[PDB]
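Pictured: CTP synthase, co-complexed with gemcitabine triphosphate.
The first sequence line is chain A, the next is chain B, and the lettering continues from there. Quick note: numbers on chain A are straight from the PDB entry, i.e. 1-428, 437-543, in order. What you see of chain B is 1-428, 437-543, where the numbers are those given in the PDB entry. Residues displayed in chain C correspond, in order, to the PDB entry positions 1-428, 437-543. Counting convention: from 1, in listed order, for ligands and their atoms alike. All heavy atoms count here, side chains included; hydrogens, waters and symmetry mates do not. Part of the entry, not all of it, is on display, and contacts are counted within that displayed part.
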Amino acid sequence: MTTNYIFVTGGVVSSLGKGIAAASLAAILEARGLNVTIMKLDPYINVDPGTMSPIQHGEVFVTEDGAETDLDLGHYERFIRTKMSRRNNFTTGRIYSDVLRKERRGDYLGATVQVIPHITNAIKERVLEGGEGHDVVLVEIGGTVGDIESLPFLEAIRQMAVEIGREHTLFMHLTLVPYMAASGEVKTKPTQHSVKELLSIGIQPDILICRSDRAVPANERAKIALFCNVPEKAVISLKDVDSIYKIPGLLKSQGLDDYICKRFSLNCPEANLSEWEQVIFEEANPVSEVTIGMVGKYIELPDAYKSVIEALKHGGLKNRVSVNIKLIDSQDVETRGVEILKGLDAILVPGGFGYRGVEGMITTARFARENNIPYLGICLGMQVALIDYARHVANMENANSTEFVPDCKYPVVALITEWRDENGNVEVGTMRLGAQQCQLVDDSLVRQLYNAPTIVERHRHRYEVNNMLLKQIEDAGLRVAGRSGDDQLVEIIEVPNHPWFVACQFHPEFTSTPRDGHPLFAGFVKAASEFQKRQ
Amino acid sequence: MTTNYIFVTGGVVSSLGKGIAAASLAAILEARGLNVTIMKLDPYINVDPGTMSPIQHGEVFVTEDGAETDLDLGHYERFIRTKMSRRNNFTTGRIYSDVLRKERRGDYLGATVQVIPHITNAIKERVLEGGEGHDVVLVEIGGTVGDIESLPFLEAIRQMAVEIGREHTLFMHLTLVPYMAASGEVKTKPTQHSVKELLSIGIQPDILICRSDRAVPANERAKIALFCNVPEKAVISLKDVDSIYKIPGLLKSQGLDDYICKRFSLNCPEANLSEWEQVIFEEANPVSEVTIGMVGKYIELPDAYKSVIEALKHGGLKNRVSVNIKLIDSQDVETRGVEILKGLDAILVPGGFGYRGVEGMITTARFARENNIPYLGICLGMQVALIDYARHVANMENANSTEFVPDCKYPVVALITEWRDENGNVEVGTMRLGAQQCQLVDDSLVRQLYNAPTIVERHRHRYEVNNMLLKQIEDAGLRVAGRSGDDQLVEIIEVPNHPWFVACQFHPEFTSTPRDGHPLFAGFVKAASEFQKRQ
Amino acid sequence: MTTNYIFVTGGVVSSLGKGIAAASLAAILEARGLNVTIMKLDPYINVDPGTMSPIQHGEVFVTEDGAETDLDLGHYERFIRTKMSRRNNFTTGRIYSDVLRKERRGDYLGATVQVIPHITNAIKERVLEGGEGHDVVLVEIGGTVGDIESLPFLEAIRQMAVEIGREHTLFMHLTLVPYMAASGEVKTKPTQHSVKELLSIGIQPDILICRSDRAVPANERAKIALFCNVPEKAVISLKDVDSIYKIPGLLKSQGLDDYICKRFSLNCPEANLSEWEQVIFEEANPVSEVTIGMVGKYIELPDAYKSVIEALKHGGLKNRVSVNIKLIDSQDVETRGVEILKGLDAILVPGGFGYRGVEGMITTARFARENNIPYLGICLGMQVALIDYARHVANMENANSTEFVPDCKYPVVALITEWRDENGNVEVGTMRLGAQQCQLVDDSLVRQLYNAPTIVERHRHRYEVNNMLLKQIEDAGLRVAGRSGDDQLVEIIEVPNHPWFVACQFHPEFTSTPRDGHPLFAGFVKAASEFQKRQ
Ligand SMILES: Nc1ncnc2c1ncn2[C@@H]1O[C@H](COP(=O)(O)OP(=O)(O)OP(=O)(O)O)[C@@H](O)[C@H]1O
Ligand SMILES: Nc1ncnc2c1ncn2[C@@H]1O[C@H](COP(=O)(O)OP(=O)(O)OP(=O)(O)O)[C@@H](O)[C@H]1O
Ligand SMILES: Nc1ncnc2c1ncn2[C@@H]1O[C@H](COP(=O)(O)OP(=O)(O)OP(=O)(O)O)[C@@H](O)[C@H]1O
Ligand SMILES: Nc1ccn([C@@H]2O[C@H](COP(=O)(O)OP(=O)(O)OP(=O)(O)O)[C@@H](O)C2(F)F)c(=O)n1
Ligand SMILES: Nc1ccn([C@@H]2O[C@H](COP(=O)(O)OP(=O)(O)OP(=O)(O)O)[C@@H](O)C2(F)F)c(=O)n1
Ligand SMILES: Nc1ccn([C@@H]2O[C@H](COP(=O)(O)OP(=O)(O)OP(=O)(O)O)[C@@H](O)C2(F)F)c(=O)n1
Ligand code: NA
Ligand code: NA
Ligand code: NA
Ligand code: NA
Ligand code: NA
Ligand code: NA
C-alpha cells in the first residue's frame, strides 16, 4: 500500500492547536488499526532545541534514540503508540546546515544552490524518510501561512502533493474563527483571507479545522465552504475544550477520519475510542483533590514543564484524584523562606541547569524530607535531594554540584571525569541522552511501583552522583534504589524513613501517557492523596 | 486652510468599531474647536438602505433632509453637532447608478467607461462634495480590506491621498488583535497580514487602531509598529469598553488627536472632553433602576432599534435612572399572551412595516393602557395605540390599517388617498421623509415636555391617521396632542386617563443625543421611575 | 449529456490573444462534430458598446438580432458557424444595471444587495443562459487577472466550477512568456506570478496557454508545469503566427482538444481541419497582388475596421489575390488633396459617424468614380458616394447629410422624419440594427454577385437616403441596386458607367468568413485585380 500524507498547516495566528489537532487525528486513525506517524517541521534556525532556553521555547522533549526535539513530539507520544525518533522533527537550521555541508564538500558539482530545488529537495527527502513504511503520515508545518519563515516548507509539500498525487496527499489547514462580543457572532473572514493566502502559495486546502472559543455553527461552516473551494463536510469545528483528550471524539463525530479514509481509499473498521472515553470519564469524576507544589526555576513559562504537568494529571486519572498543580519559583523559597511551601499535599522539583534557584530547591527538598511531605525529584530534583541529605544528615558541609560550585570540598554531584573525594583524591561522551536500562534494587519503593527488576527511562544530563562520596551518604541512611551501566551510575535514590520520597536522574514524564499513566507519578499522586487525608 | 481627510478602513473582520472609532475621534477634534464632519461609504449595491429590512444591517437612519442612510450616521450625530445629510452617506449602487445614467445619455463622449477612472472619479467627487469647507473630514470605508466589494473605494482614496498630498491626508486602519485562551496572549499576526493586504492595494496606513477585548500591551504595539512601517506612537489600543462614551477619552490619552493635528499642521487648543466626562459620570451614578419592555417584530437583531435603545439610555442619564431594556417579540404576545409583559415599569412599541407581529403590539398597547403602565409608541407604535383605542374604547370592531387589512370597515390608519369612513364615503409623494414642523396642543404632556408650541422631528412613513374616523375616536376620550401640514395630519396622540401614554408618527430617537438627551424619552423614563416606586 | 464550460482568462497583459485562442479552440471542437458556442464577459461599465467610439476598443460588431457587441464576437463567427446573439456578450454595466433595476422595484425582498451573492448570481445566470444545450461553452473573461474590474467575473466562474463540478468545468489561462534580447531566453516568471494571482482569487488553472513571439521550449514548459500545479501536457505553446488561421492546427498538434475531450469524457472523432488547411493554402499561394486603399476617419486604431480588413483578406483568398491594405486618413485628402490616392487598385470607404473627415471621403468617392478606380462604400461610404454624385453629376450644389449640415438645401441623406425636398416640402426607432432582408434589382452588379433576388445583411445606422431627392439623382445616371422594407429605403447604389462602383447601407463585413468568403468583397477584390492588370 502507498504511504498517504496529511500536511497540517495553520493560518491567522500561531498557538492555534496544530500539534494537538495532528496528534488527535492520528489517535483516531491508530484506533482504526492504521499504522500512523507524525512529524514536526519547525521554521526556526536552531539546528535543534538542544541549546534552546526552556523559558523561551518550552520543554526540550527527548526521544528513545536521544534526539532533543520540539515538545509537540511529547503530544505525539501521548496520543499514539508509535515511538518518535530524530526523523520525526527537523528545523530550517538542520535543512540549511545539511545543504551548506553538501555544497562546501562539492556534492552539487558546481551548480547554483537555490531555495528551489536544493532546500525544497532536502525538506522532501526528510519528510519521505520519516513517512516511509506507514499507512498515514501527518506532517505538522510550524509557523503561520503568509509568514516568510515557512514558505520553503509550504513549497516543498506543494511539490510532494503533485509528485505523489492527490489520491495519497491531503492539505489540512487550521484557522481562527474569533468571537466578537458586541455582535455576538463568530467571524469566518480570517478563514476566507487565510485560505486565499494559502492558495497564493500554490496550496488548495482539502480540510479546514476551525478553531474558536465555541462550536462554529452550520451557517458559518457553509459560508467557509462557499468561499474556500472546500465541501461543507470537510469544514470541521474544533472549539476550545477543558481537556484535549476529548478532541479525538469531537473530530470523529464530525466524520473527519471517514473523509480521510475515503480520500486515501482505506477500508478499515470504525475508530474504537473506548480508551479515550475512559480517560475523559476518569478526569470528569475525581473522588479526592490534592495540591502539589512544582518548585523550579522556569515557572514563568509553564510549557517549560509540559510533560511533567501532564504526567501529574495522568497520576490523577489512575487514582481518581484532581491534582491542583501550584507552580512555585524556587528563588521565592530563597527570599521568603519555606512559608510559601505550606498547604502542599506533595512537592515535585523538576529538571534544570545552572545554579540560579538551586539553593531554594535544596531548602525545598529538606522541608519535604523533614516534614514527611511526599517528594519526587527529577534530574536536578534528585541532585538537590542528594545535596540536602549530604549537608543536613551525612554532615558534609556546603556539599554541592561542580556545575554550581566547581571547587567545593564535597562534590556529591559532578562529571565522571571530575569525581574526587573530600581530600581531592581520584580513581585510577559526557552527556547522556535518550533511553537507557536501569536496574531497580529489591525492596525499594520504585521496585514495587514499577513492578519489575529493570526499567527503560530517558536521560538528558551529564552531571552524575559522585560514587567516591556515595558510601558516606549511604551510611547516613540514604538508599540507592536504581543503578545503570558499567560505571554503576546512581539513577534513583530513596529516603526510607518517609511515607514517599523518590528522586531519579532520568525524565519519567517523557514515558507517561493519559491511557497507560506512569507507575512513579501514580504512586506520587496516591502518596499526595494519603498525606492530604491524614491532615 | 486646505481641507484634511482621515480615511478610516477596517481589516481582519467587520463589526470591528469603524463607525464608533470615527465618531469618537471626530468628538475629540470638535472639542478642539475644529470644523469636523464624517461620511460613510457603503460597499452594498442598494442605491440606498430605504428598501433594506431592519433585521439585515440594522435600523434605517433618517437625516433632516429626509435621506435614508446607514445607522453609522446615527453614531455621527450622537458624537458631533455637525448635522448629517444625503452627502454624508453613499453606496456602490449610488455610484454605478450615477455612472450608468451619465454613460447611457452620452456624457463620456464615446469613452470606454472603466472602474478606473470613471467609478473612482465618481467616488472622489462625492467625497470632496461631502468634505466641503471642513477642517477635517473622516471618511469611513465599509467592508473589510482584502474583499472585492471595497476595492473601488480603496483605489479612489489612494488616488485622493496622492493628488491632495500626505500633508492633508491620513490612513487610519482598524484591526482585530484577538485573545488566545490557551496561551493567554493577544495576537498581532492578523494586524501584520491585514496591513500587508492594505499595502498590496497601494495604501500605507499612518495610524493603526488595535481592537481587542483588553488593552494591547506595549510589547504587542511595538511588534505591530516594527512589521507595519507605522511609528509606535501611531499604534493605538482600543479595548472593548462598557460605554462607547469613554472612547474619546481613551483615544485622547494615547495622543491620537495630537498626532493628527501635528500631521495636518493644525494649531488648536487641547481637547476639553468635560461634556463626555459628564455623560460617563451620570451613567456611572444612577439613583434608581427601571425595566422598560421594547415590544417589536425585529428583536432578533437589536441594531434594528439602535437609535431607540440609545434614546432610552439618554432618558436614563437625564433622570439618573439605570434602564434595563427587555427586548420582547410581539409575536410571543400573540402566542403566550399578556403574561410575558409582567414586571415592566414601562412599554415602548417602536417602528415597523408589515402585519407580522402587529396584533401582539395592539394587545401590548391595550395592556399598557388598561394597567396604567407608561407607554411610548413610535410610528407603528402610535398606529397600534390608535387601533387599540378604536377597537376597545370607541367600539370600532376590527379597526385596522389598510397596510394590514386593506378592506376593513374602520381603516383608522390609511394612505391619504385611501381615506374613507365606515359607510365607504370619501373627502372632496405619500412617503413623508425627514424633518417636519409639528404643532403641539396647549394642554398635553408633550407641550410641557418640549416646552414649545412647535417642534421639528423626522418622519419615515406613508400610512397616516384617517381624519374621517378620528372625530369618533376623539369623542371616546383619545386626545390629539400634535398635528402638522395643510392636511392637519395627526402627529401625536395621548390617553389622558393614564399616568404617561404618548405615541408619535415621527422618530424622536433620531434627534436624541447622550449630551442633550430628548424631552420625550426623559419624560418616558421619569414616568417609568415613578411607576416603579408607586409599585 | 451535461453542458461543459471552458473559462478562458488572461494574465500578465491584455492584447494577449484570449479572443483568438477561444475562437481557435472552438474551431477544433466544432471540427470534432461538437455543438460549441463562445461568450465574451467585458469588465467595462458601458451597458453595451453602442455608445463607444471605434478608436477606443475597436469596431462595434453587430449580431443578426441587432445586438451591439465586442469585436471578439466577430472572431467567434469567423471561426465557428454557431451564430452569435445578445446572450454571447455582456458587460459589468449590464450586470449592475439589471441588479439595480431588480433592487429599486423590490425583487430582493429587503435583502442587502452584495457583490456576492447578487452580482455573482446575475453573472452565473447569464453564463448558463448563453451556455444553453451546447456540448462545450467557452467563456472568455475580459481584462487581466489581478485587476479590480474582473474580480466579480472570476468569483462567479469559481462558484460555477464548484457547483457544476470539475468533470464539466476547465480553467484555461493565457500568460505572456516574453523574450529578453540580452540573455536570449524566454521568461516563465510572469506565468509563475500570474498563476499565483489566479490561485489567490480561488482558481487553479487546468491549462496554461503560453503566448510568446516564438515557441516556448520543453524546458520552459516543464518549469511552468513544476511551479503552477499544471500537468506538462496541459502547458501549451501559442507563438505569434503570420496567420491566425494556423492557430487551430498548432493547438491540435499539442493535443489541447484531446486533453479537453478526455477531461469532459467526450467520445468524438479526431478534428478534421481540412477547411482551415485550405484557407492557409489559398493565403500562401496567391497568383497576383493588389493595393486597396481604405479611406476613413478612424485609421489611428486599425481594429476600428477589424471585420472590413478581414473581409478584404477573405476577398483575396477567393481570387488568389494578395491584398496590400493601405490605411489612408480622409482628413489628409482634405489637406494634401487627391495626390495621396495615387497607385491604388481599388478604394474602400467604410462606416463612421460625425462630419470630421467626411468631405475627404466625398472627394475620395469623386476620385474613384472619375478615374474608373474600383469603389466599395459601406454605410458612410454609400452616403459620401450619393453626396458626390448629387453635387458633381445631378448638379445639387452643397448636397449633404442632415447629420453634418442640418439645414442644407439638398439633404440627400437624412432621418426619415427629416425628409424634405429643395423647396422644403415633405411627405404625407429610426436606428436600424441587425439582419434585414434586401431586394436586389434585376440588372445590377450585386444581383449577379449575390446570385439571388433577396439577401440578408446587418445594419447599424439611422441616416437614410432621402427618397424625396432620389428620383433627380436617378435621372442623372445613378442606379438603385437594392431596397428594403415598406418605406422602400435605398440599401445599395451603383454607378453603371464604371468597371466596379458599389455602395451599401448594411455592413457586409459582418457576414464575411475566411472559409465561405463574401460575394461582394470577392467581386470588389476581383475588380481591383482586373484594374491592376488593365494598368
Ligand atoms: N481544542 C483545544 N482546546 C483547548 N486548548 C487547546 C486546544 N487545542 C490546543 N490547545 C492548547 O493550545 C496550546 C497550543 O496548542 P499547540 O501547541 O498544539 O498549537 P500550535 O499551533 O502547534 O502552536 P505553536 O505552533 O505556536 O507552538 C496548548 O496549550 C494546547 O494544549
Ligand atoms: N471599543 C468598543 N467597545 C465596545 N463596543 C464597541 C466598541 N467599538 C465598537 N463597539 C460596538 O461594536 C459594534 C460595531 O461597531 P461599529 O458599527 O462602529 O463597527 P463597524 O466596523 O462599522 O461595523 P460594520 O462594518 O459591521 O458595520 C456596535 O455594537 C458598537 O457599539
Ligand atoms: N497567436 C497569435 N499570433 C499573432 N497575432 C495574434 C495571435 N493571437 C492573437 N493575435 C492578435 O493579437 C491581437 C489581440 O488578440 P485578441 O483580441 O484575441 O486578444 P485579447 O486578449 O482578447 O485582447 P484584449 O483583452 O485587449 O481585448 C489581435 O490583433 C489578434 O489578431
Ligand atoms: N471575497 C469576498 C468575500 C466577501 N465579500 C463581501 O463580504 C460582504 C460580507 O461581509 P461580512 O459580513 O463582514 O463577512 P462574511 O463573509 O459574512 O464573514 P464573517 O463570518 O466574518 O462575518 C458581502 O457584502 C460580500 F460582497 F460578499 C467580498 O467583497 N469579497
Ligand atoms: N513577515 C513575517 C513576520 C514574522 N515571521 C516569523 O514569525 C515568527 C513568530 O511567529 P508568531 O510568534 O506566531 O508571531 P508574532 O509576530 O509574535 O505574532 P503574534 O503577536 O500573533 O504572536 C518568527 O519566527 C518570525 F520569523 F519573525 C515571518 O516569518 N514573516
Ligand atoms: N516561487 C519561487 C520560484 C522560484 N524561486 C527562485 O527563483 C530562482 C530562479 O530565478 P530565475 O532564473 O529568474 O527564475 P526561473 O524560475 O528560471 O524563471 P525564468 O523562466 O523567468 O527565467 C531560483 O533560485 C529559485 F529559488 F527557484 C523562488 O525563490 N520562489
Ligand atoms: Na505547538
Ligand atoms: Na458576516
Ligand atoms: Na458600523
Ligand atoms: Na508571538
Ligand atoms: Na479581444
Ligand atoms: Na531562469
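The ligands or chains attributed to gemcitabine triphosphate are ligands 4, 5 and 6. Other chains whose heavy atoms approach gemcitabine triphosphate (ligand 4) within less than 4.0 Å: A, B, C.
Residue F227(A) has at least one heavy-atom neighbour below 4.0 Å for each of these atoms of gemcitabine triphosphate (ligand 4): 3 (C), 4 (C). Atom 26 (F) of gemcitabine triphosphate (ligand 4) has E149(B) OE1, 3.2 Å as its closest protein atom, hydrogens excluded (heavy atom only). Shortest contact from atom 30 (N) of gemcitabine triphosphate (ligand 4) to any protein heavy atom: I148(B) N, 3.1 Å. Residues flagged by UniProt as binding CTP in chain B that sit under 4.0 Å from gemcitabine triphosphate (ligand 4) (heavy atoms): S14(B), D147(B), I148(B), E149(B). With hydrogens left out, the protein atom closest to atom 18 (O) of gemcitabine triphosphate (ligand 4) is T188(A) OG1, 3.2 Å, a heavy atom. Close contacts of gemcitabine triphosphate (ligand 4) with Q192(A), meaning ligand atoms under 4.0 Å from a residue heavy atom, involve 3 (C), 15 (P), 16 (O), 18 (O).
Residue contacts with gemcitabine triphosphate (ligand 4): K223(A) is included, with a non-hydrogen atom under 4.0 Å away.
The UniProt annotation of UTP binding in chain B and a heavy-atom cut-off of 4.0 Å around gemcitabine triphosphate (ligand 4) together pick out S14(B).
Organism for chain B, as given in the entry: Escherichia coli. The protein atom (non-hydrogen) at minimum distance from atom 22 (O) of gemcitabine triphosphate (ligand 4) is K187(A) NZ, 2.9 Å. Closest protein heavy atom to atom 5 (N) of gemcitabine triphosphate (ligand 4): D147(B) OD2, 3.4 Å. The nearest protein atom to atom 10 (O) of gemcitabine triphosphate (ligand 4), hydrogens excluded, is given as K189(A) NZ, 4.0 Å; this is a heavy-atom distance. The nearest heavy-atom contact from the protein to atom 13 (O) of gemcitabine triphosphate (ligand 4) is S14(B) OG, 2.5 Å. Among the ligands and ions shown, the others lying under 4.0 Å from gemcitabine triphosphate (ligand 4) are ligand 8 (sodium ion).
The residues lying within 4.0 Å of gemcitabine triphosphate (ligand 4), counted on heavy atoms, are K187(A), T188(A), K189(A), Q192(A), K223(A), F227(A), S14(B), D147(B), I148(B), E149(B), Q114(C), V115(C), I116(C).
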Could you pull out every N or O of gemcitabine triphosphate (ligand 4) that sits under 3.5 Å from a protein N or O, with the distance for each pair?
residue	atom	partner	partner atom	Å
gemcitabine triphosphate (ligand 4)	5 (N)	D147(B)	OD2	3.4
gemcitabine triphosphate (ligand 4)	7 (O)	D147(B)	OD2	3.3
gemcitabine triphosphate (ligand 4)	13 (O)	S14(B)	OG	2.5
gemcitabine triphosphate (ligand 4)	14 (O)	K189(A)	NZ	3.3
gemcitabine triphosphate (ligand 4)	16 (O)	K189(A)	NZ	3.0
gemcitabine triphosphate (ligand 4)	16 (O)	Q192(A)	NE2	2.9
gemcitabine triphosphate (ligand 4)	17 (O)	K223(A)	NZ	2.8
gemcitabine triphosphate (ligand 4)	18 (O)	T188(A)	OG1	3.2
gemcitabine triphosphate (ligand 4)	20 (O)	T188(A)	N	2.8
gemcitabine triphosphate (ligand 4)	20 (O)	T188(A)	OG1	2.7
gemcitabine triphosphate (ligand 4)	21 (O)	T188(A)	N	3.2
gemcitabine triphosphate (ligand 4)	21 (O)	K189(A)	N	3.0
gemcitabine triphosphate (ligand 4)	22 (O)	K187(A)	NZ	2.9
gemcitabine triphosphate (ligand 4)	24 (O)	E149(B)	OE1	2.6
gemcitabine triphosphate (ligand 4)	24 (O)	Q114(C)	OE1	3.4
gemcitabine triphosphate (ligand 4)	29 (O)	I148(B)	N	3.2
gemcitabine triphosphate (ligand 4)	29 (O)	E149(B)	N	2.9
gemcitabine triphosphate (ligand 4)	30 (N)	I148(B)	N	3.1

